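Structure, fluorouracil included.
Note on naming: letters A, B, ... go to the chains in the order of the sequence lines (proteins, then strands), and numbering restarts at 1 for each one. All values below were derived from every heavy atom in this structure, side-chain atoms included, with hydrogens, water molecules and symmetry-related copies excluded. Whatever order the structure lists them in is the order used to number ligands and atoms, beginning at 1.
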Amino acid sequence: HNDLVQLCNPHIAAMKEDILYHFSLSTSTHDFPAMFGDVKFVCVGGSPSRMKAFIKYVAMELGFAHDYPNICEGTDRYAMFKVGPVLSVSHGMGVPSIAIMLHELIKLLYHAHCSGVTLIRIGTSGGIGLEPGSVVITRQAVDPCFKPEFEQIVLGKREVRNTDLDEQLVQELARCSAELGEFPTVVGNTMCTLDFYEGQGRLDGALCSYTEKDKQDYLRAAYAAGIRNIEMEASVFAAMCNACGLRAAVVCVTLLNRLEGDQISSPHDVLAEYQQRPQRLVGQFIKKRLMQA
Amino acid sequence: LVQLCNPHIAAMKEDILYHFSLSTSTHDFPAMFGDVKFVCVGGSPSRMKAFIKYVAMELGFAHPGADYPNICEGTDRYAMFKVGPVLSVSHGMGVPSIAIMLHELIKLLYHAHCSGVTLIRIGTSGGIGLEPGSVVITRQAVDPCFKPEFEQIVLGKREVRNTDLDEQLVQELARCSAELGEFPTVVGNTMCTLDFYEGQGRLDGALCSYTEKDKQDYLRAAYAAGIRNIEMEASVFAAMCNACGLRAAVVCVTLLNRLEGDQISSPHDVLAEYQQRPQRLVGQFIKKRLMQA
Ligand SMILES: O=c1[nH]cc(F)c(=O)[nH]1
Ligand SMILES: O=c1[nH]cc(F)c(=O)[nH]1
Ligand SMILES: OC[C@@H]1OC=C[C@H]1O
Ligand SMILES: OC[C@@H]1OC=C[C@H]1O
């Protein structure tokens, strides 16, 4: 049995119209149930071209094969694609950007009367002590002091939410990655930051008041605390799915090993392949949930 | 002359600007950018293409085979365009997405060995106690507690930078807007938040456990403290410019009055025009800077 998508905002029931501004969609101009009522898997990732490539890739693998219109053709803020029960949505970079996406998304699913939905971010990250190209299935999104919490300011007051992910979904994702046997995949905690450069110990930014050994000491401590990769979205993603009772996972590839460098200098061919990795893993997970009861 | 507070950069054999998809070794920065004097940055890549071409035909470069190539065709992270001494760059939404852009932009300026440069953000925001369509030229970026501070965590420890903007620049842009005499323009403070929904006291996100009354109190306290608009980029932008000693301004139109509502429900025709307002202010400022010497 699949439960209905819920909000934690009593105000939406009471509006004549709900405008999903950054999607360019609205209750008064679109029929959400007709459009989305059969969505069961939502995949989200930074790049709109990667999310279109993902919807193409997913379409072949479930034999929906044969074009894919951008459902947000009225904005350039986010891109959205659909085939069968899979919805792909781009979210840009950083907590604030995904957070805007998530609120309108969840409202979208809620208006569509969707049920039994799974949300999975597929992204990129900096690995810590992993060969580049390793995919990490995140157990706990964790903050830059290693605590699994997400701080928000709400009317000027600090509010904190827990950022763990569904354990069983991680185990199930690992099991899929094992079935493919194409690339290494570990389960690990994931540190989420607000800055790619000073925020992640890089020596490579426009500002930096610290040294290689300072960076090393910080990355090794992260490693000991269980963290295996570093990125910029996992936290709010986990906090908001938890807040609304949605089953969610984060699956990210590792573009380089941060113990060895800051700069992403792999050839473009190799970076592209690395990217196809979480799409393959998640494509396997969708294929199995569908070949099932 | 532009400069970085990062001594590691001078030592690097190459500098790869990964999210621009630009590199010192595949791209000639001085040839591409040395003549740049004004850098305009905004969230949306269509807005910024629109801006570079409005500016082109307002400084007379409005030739017939008018195409302005996206110099970042290479990634889909940001768009970038150039005409003459003017560079127009998109930055996505949220403090982290613009911080990535700034780190790489600043570096780029510096590798191009640019001089006398001005950075302006042209953006959108919610106004407090202003008619919709009002342009705010920001005096101090301020956080959700109304303090002029930008907080960053670096190697696990927390640091703050002041977020004042250049006082002589904000007055100069006030004079420009007055020369156009087309839309209201006020100088005030801008609150910068990490979330568009709960972060700006909205009541229409997927999550909300406060009331309309709490929103009004919070927003009126912001207004009492000098804040005139609310948005998501001003503070890192100020902090980063201040750090690097760059002369920088923020100019945003307000898309609605938050004392009246949360949803952006103006007609497409009206919002498009609101969004050209900061583009016309900044085009004056350029036009007349270029008429000096
Ligand atoms: O947030 C990040 N994303 C991708 C990376 F490769 C990295 O180092 N950090
Ligand atoms: O950050 C914001 N940008 C644009 C808006 F209209 C708003 O309310 N907030
Ligand atoms: O490379 C930029 C970032 O990659 C990881 C999360 C994205 O925002
Ligand atoms: O509407 C979204 C936000 O607009 C204002 C700042 C952008 O990041």
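Counting every copy, the structure places fluorouracil at ligands 1 and 2. The name the PDB entry gives to the main binding partner of fluorouracil (ligand 1) in this structure is Uridine phosphorylase. Chains touching fluorouracil (ligand 1) with a heavy atom below 4.0 Å, listed by letter, come to A. Among protein heavy atoms, atom 6 (F) of fluorouracil (ligand 1) sits closest to A:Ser125 O, 3.2 Å. For the ligand labelled fluorouracil (ligand 1), residue A:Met93 lies outside the 4.0 Å heavy-atom shell. Contact annotation: for A:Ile230 versus fluorouracil (ligand 1), heavy atoms closer than 4.0 Å belong to the backbone alone.
In the entry, the organism recorded for chain A is Bos taurus. Residue contacts with fluorouracil (ligand 1), taken as heavy atom pairs separated by less than 4.0 Å, do not involve A:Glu233 at all.
The nearest heavy-atom contact from the protein to atom 8 (O) of fluorouracil (ligand 1) is A:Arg202 NH2, 2.7 Å.
Near A:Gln200, the atoms of fluorouracil (ligand 1) lying under 4.0 angstrom from a non-hydrogen atom of the residue are 1 (O), 2 (C), 7 (C), 8 (O), 9 (N). In this structure, the binding site of fluorouracil (ligand 1) at 4.0 Å (heavy atoms) is formed by A:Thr124, A:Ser125, A:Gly126, A:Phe196, A:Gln200, A:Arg202, A:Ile230, A:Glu231, A:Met232, A:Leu255, A:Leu256, A:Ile264.
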